[PDB]
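Counting from 1, the numbers follow the sequence of the chain as shown. Ligands are counted one by one from 1 in listed order, and the atoms in each one are counted from 1 as well.
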Amino acid sequence: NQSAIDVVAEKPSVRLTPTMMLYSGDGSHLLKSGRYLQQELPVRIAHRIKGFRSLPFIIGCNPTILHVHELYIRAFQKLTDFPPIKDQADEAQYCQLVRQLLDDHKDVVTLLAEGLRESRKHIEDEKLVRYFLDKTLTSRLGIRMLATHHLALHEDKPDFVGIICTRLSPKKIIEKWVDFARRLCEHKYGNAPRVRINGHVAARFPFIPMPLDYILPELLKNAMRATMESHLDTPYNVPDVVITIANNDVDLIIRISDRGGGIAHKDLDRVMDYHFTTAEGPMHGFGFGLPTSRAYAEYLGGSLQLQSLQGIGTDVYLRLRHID
Ligand SMILES: CCCCC(=O)N(Cc1ccc(-c2ccccc2-c2nn[nH]n2)cc1)[C@H](C(=O)O)C(C)C
Ligand SMILES: CCCCC(=O)N(Cc1ccc(-c2ccccc2-c2nn[nH]n2)cc1)[C@H](C(=O)O)C(C)C
Ligand SMILES: Nc1ncnc2c1ncn2[C@@H]1O[C@H](COP(=O)(O)OP(=O)(O)O)[C@@H](O)[C@H]1O
């Protein structure tokens with residue numbers, strides 16, 4: 001029961017708008033944002049410690065959940081022991097602590113879901129697991145974006161202001177993951193569906209690619225796997241996966257349409273649950289794909305919607321909010 005955690009457990013988070021972040025693209029500005037990072041990170045960690053303290057006693061007593069709760073406390077202690085930033089030199093000392101804590105250990109997400117699974121006999125709230133894991137995933141993504149962005153503001157990459165790409169092409173980032181997915185699918189079945197990309201193929205806009213690097217390969221794997229399992233009798237003649245890009249002033253829509261047989265009526269109300277799967281930080285398998293991708297899409301101001309045509313295929317709509 002530590003009092004420093006209690007002091008910031010209810011303190012509202014301060015999130016800089018990506019628009020404001022793009023404007024800071026800078027010695028006097030890096031000092032101001034570095035001071036902000038130092039003071040924000042313990043508040044984000046204390047919110048998650050408060051989450052562990054609020055679990056029902058029997059669940060919070062799981063040795064895996066308890067071990068993860070201790071990891072959060074130890075991280076809070078390391079981030080608060082560091083003295084307040086006064087100059088550019090103090091700002092640069094804090095970046096190095098941030099890097100060592102970001103690349104730290106365990107694979108917390110994996111341990112948490114394991115602990116929650118071991119405690120399922122004591123879980124009465126049908127939504128407790130889904131809510132705890134959504135909050136854990138979006139909070140850790142928020143922490144990652146906060147820390148990785150500030151570190152990247154010191155480095156100079158073309159077309160980037162920190163982790164924000166100023167000229168992101170959805171077609172290029174989709175193509176990058178299509179090639180990765182097709183190689184894995186080809187190795188497994190001896191073939192892979194071809195992926196066509198249509199719509200606003202020349203669209204380019206400011207966006208943060210990091211969450212797409214989890215979402216796109218997962219959805220592509222889902223569509224390609226469903227197509228192959230659906231056409232096992234003709235494995236060398238399978239229908240294409242068709243991706244459409246729609247770009248407007250409000251959002252970017254990526255529709256991924258397959259002919260993989262659809263998501264059955266009996267599984268539809270389970271596909272968005274953690275651990276639900278029909279296959280034989282956040283993980284890519286074990287039923288994490290869809291709930292993680294949806295939590296990420298909604299955290300970023302968009303959504304992940306599914307339309308199942310049982311017997312034919314599925315259309316998956318990823319919508320993401322524009323920055324300006
Ligand atoms: C209409 C504005 C849409 C902007 C948006 O996507 N929003 C969430 C968000 C904000 C900030 C980040 C972020 C980006 C880079 C580096 C760190 C952070 C961050 N994340 N957590 N702390 N810092 C990510 C998502 C909204 C907001 O909050 O402005 C909400 C209202 C939908
Ligand atoms: C300055 C870091 C403060 C936060 C911190 O120290 N930690 C959370 C954390 C760590 C790593 C990531 C991360 C980094 C790279 C790639 C993926 C992820 C990730 N991981 N999950 N989603 N994204 C995010 C958050 C602890 C830990 O987890 O080590 C805990 C014990 C407080
Ligand atoms: N495009 C799709 N077509 C058919 N079934 C799908 C599709 N996308 C997802 N599914 C179903 O939803 C389940 C859960 O998906 P997901 O959360 O990504 O986990 P995983 O990929 O680890 O199985 C899949 O195992 C599969 O049964």
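- This structure shows the largest set of contacts to ligand 2 coming from the chain the PDB entry labels [3-methyl-2-oxobutanoate dehydrogenase [lipoamide]] kinase, mitochondrial.
- As for ligand 2, the drug there is valsartan.
- For valsartan (ligand 2), the heavy-atom contacts closer than 4.0 Å come from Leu41, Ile45, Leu71, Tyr72, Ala75, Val98, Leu101, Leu102, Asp104, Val108, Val109, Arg140, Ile143, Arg144, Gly281, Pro282.
- Among protein heavy atoms, atom 4 (C) of valsartan (ligand 2) sits closest to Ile143 CG2, 3.5 Å.
- The nearest heavy-atom contact from the protein to atom 6 (O) of valsartan (ligand 2) is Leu101 O, 3.5 Å.
- In terms of protein heavy-atom proximity, atom 11 (C) of valsartan (ligand 2) is nearest to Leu102 O, 3.3 Å.
- Those atoms of valsartan (ligand 2) with a heavy atom of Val108 less than 4.0 angstrom away are 28 (O).
- Close contacts of valsartan (ligand 2) with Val98, meaning ligand atoms under 4.0 Å from a residue heavy atom, involve 1 (C).
- With respect to atom 16 (C) of valsartan (ligand 2), the closest heavy atom belonging to the protein is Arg144 NE, 3.4 Å.
- The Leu71 neighbourhood of valsartan (ligand 2) comprises atoms 31 (C), with distances under 4.0 Å to a heavy atom of that residue.
- Taking only nitrogen or oxygen atoms, main chain and side chain alike, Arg140 reaches within less than 3.5 Å of valsartan (ligand 2).
- In this structure, the list of other ligands and ions lying less than 4.0 Å from valsartan (ligand 2) is empty.
- Residue, atom and distance of the protein heavy atom nearest to atom 19 (C) of valsartan (ligand 2) are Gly281 CA, 3.7 Å.
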